[PDB]
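Report on the following structure.
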Amino acid sequence: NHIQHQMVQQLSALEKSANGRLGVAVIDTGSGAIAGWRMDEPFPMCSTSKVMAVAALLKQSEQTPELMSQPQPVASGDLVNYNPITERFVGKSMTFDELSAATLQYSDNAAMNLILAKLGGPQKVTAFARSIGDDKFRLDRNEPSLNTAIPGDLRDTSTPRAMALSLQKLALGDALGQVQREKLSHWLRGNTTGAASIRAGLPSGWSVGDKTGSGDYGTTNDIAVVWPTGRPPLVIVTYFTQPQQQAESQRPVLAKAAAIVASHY
Ligand SMILES: *C(=O)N1C[C@H](NOS(=O)(=O)O)CC[C@H]1C(N)=O
């Protein structure tokens, strides 16, 4: 942990003002420095777990490049709680490229389940996380139950530190092949659900890729790769969860956390 005293004070005050539990990690990839707040506690990942799932599928495509263009039938039975793209393909097919874009950029939960099926389930996403040196990530359930976000429950959690290091290896480093890393980074940059989260706290000119998540207990999450103008990229994880199951989401908390980390860099 390389966090400055001032940044700790600011993140602590933000957490208290928001009445929740905040977890933040920032990696400066130029120096390798890592900093943050509660960055080793488990937090429910919710939809941010989808990055690891798509990455696992992209790793498999390295040995079968046509895998991503293979049509996959979509059925009404695949639909769950939130299916913004897949609901339009019932009775038709989507490729794994389309399914990956849908789950990353629109957070389509049926698409996530179709990807989990191809990989062999949540347990195989966890095995892929281990294969990139992430010993904290655990995916236990599929959609939509992986979003229950119960305090004290270890299912479907990771830590801000582990998720930041994994997102660095996947989107910037060498955990994936070049074609696959660039596809993942492009999909993250094209996310449509992140305007009010990390992106809102960063300079408007910077290029950003991110994946949000939400769940019960007011869980409000975002993980980002940031390409600041003129200087090496940053990786930012902001996880936030609240005391009561019915709590409302607090996206401005993530924006402010991002602004706090962005200033100190
Ligand atoms: C992911 O956390 N989920 C799927 C979808 N995500 O959209 S979000 O990232 O903009 O929050 C809706 C919320 C959540 C879920 N409960 O399924």
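All chain A residue numbers match the PDB entry; in order, they span 23-57, 59-238, 240-252, 254-290. Per deposition record, X-ray crystallography, 1.3 Å. Side chains are part of it too, since the values below use all heavy atoms of this structure and drop only hydrogens, waters and symmetry mates. Note that ligands are numbered from 1 as they come in the structure, with each ligand's atoms numbered from 1 the same way.
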What is the name of the drug located at ligand 1?
avibactam (bound form)
Give, per the PDB entry, the macromolecule that holds avibactam (bound form, ligand 1) with the most contacts.
Beta-lactamase
Distance filter under 4.0 Å to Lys234 heavy atoms, resulting avibactam (bound form, ligand 1) atoms
9 (O)
Sub-4.0 Å heavy-atom approach of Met135 to avibactam (bound form, ligand 1)
no
For avibactam (bound form, ligand 1), note which part of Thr235 has a heavy atom under 4.0 Å away: side chain, backbone, both or neither.
both
Can you tell which part of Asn245 has a heavy atom less than 4.0 Å from avibactam (bound form, ligand 1): side chain, backbone, both or neither?
neither
Does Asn132 approach avibactam (bound form, ligand 1) within less than 4.0 angstrom via side chain, backbone, both or neither, non-hydrogen atoms only?
side chain
What residue and atom, if any, carries a covalent bond to avibactam (bound form, ligand 1) in this entry?
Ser70 OG
Under 4.0 Å, heavy atom to atom, what does avibactam (bound form, ligand 1) touch in the other chains?
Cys69, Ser70, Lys73, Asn104, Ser130, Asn132, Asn170, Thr216, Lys234, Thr235, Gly236, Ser237
Can you produce the list of protein nitrogen or oxygen atoms under 3.5 Å from a nitrogen or oxygen of avibactam (bound form, ligand 1), alongside each distance?
unit_1                           : atom_1 : unit_2 : atom_2 : d
avibactam (bound form, ligand 1) : 2 (O)  : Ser70  : N      : 2.6
avibactam (bound form, ligand 1) : 2 (O)  : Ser70  : OG     : 2.3
avibactam (bound form, ligand 1) : 2 (O)  : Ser237 : N      : 2.9
avibactam (bound form, ligand 1) : 2 (O)  : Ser237 : O      : 3.1
avibactam (bound form, ligand 1) : 3 (N)  : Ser70  : OG     : 2.4
avibactam (bound form, ligand 1) : 6 (N)  : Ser70  : OG     : 3.2
avibactam (bound form, ligand 1) : 6 (N)  : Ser130 : OG     : 2.9
avibactam (bound form, ligand 1) : 9 (O)  : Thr235 : O      : 3.2
avibactam (bound form, ligand 1) : 9 (O)  : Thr235 : OG1    : 2.6
avibactam (bound form, ligand 1) : 9 (O)  : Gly236 : N      : 3.4
avibactam (bound form, ligand 1) : 10 (O) : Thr235 : OG1    : 3.4
avibactam (bound form, ligand 1) : 11 (O) : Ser237 : N      : 3.4
avibactam (bound form, ligand 1) : 11 (O) : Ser237 : OG     : 2.7
avibactam (bound form, ligand 1) : 17 (O) : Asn104 : ND2    : 3.2
avibactam (bound form, ligand 1) : 17 (O) : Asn132 : ND2    : 2.7
avibactam (bound form, ligand 1) : 17 (O) : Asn170 : ND2    : 3.3

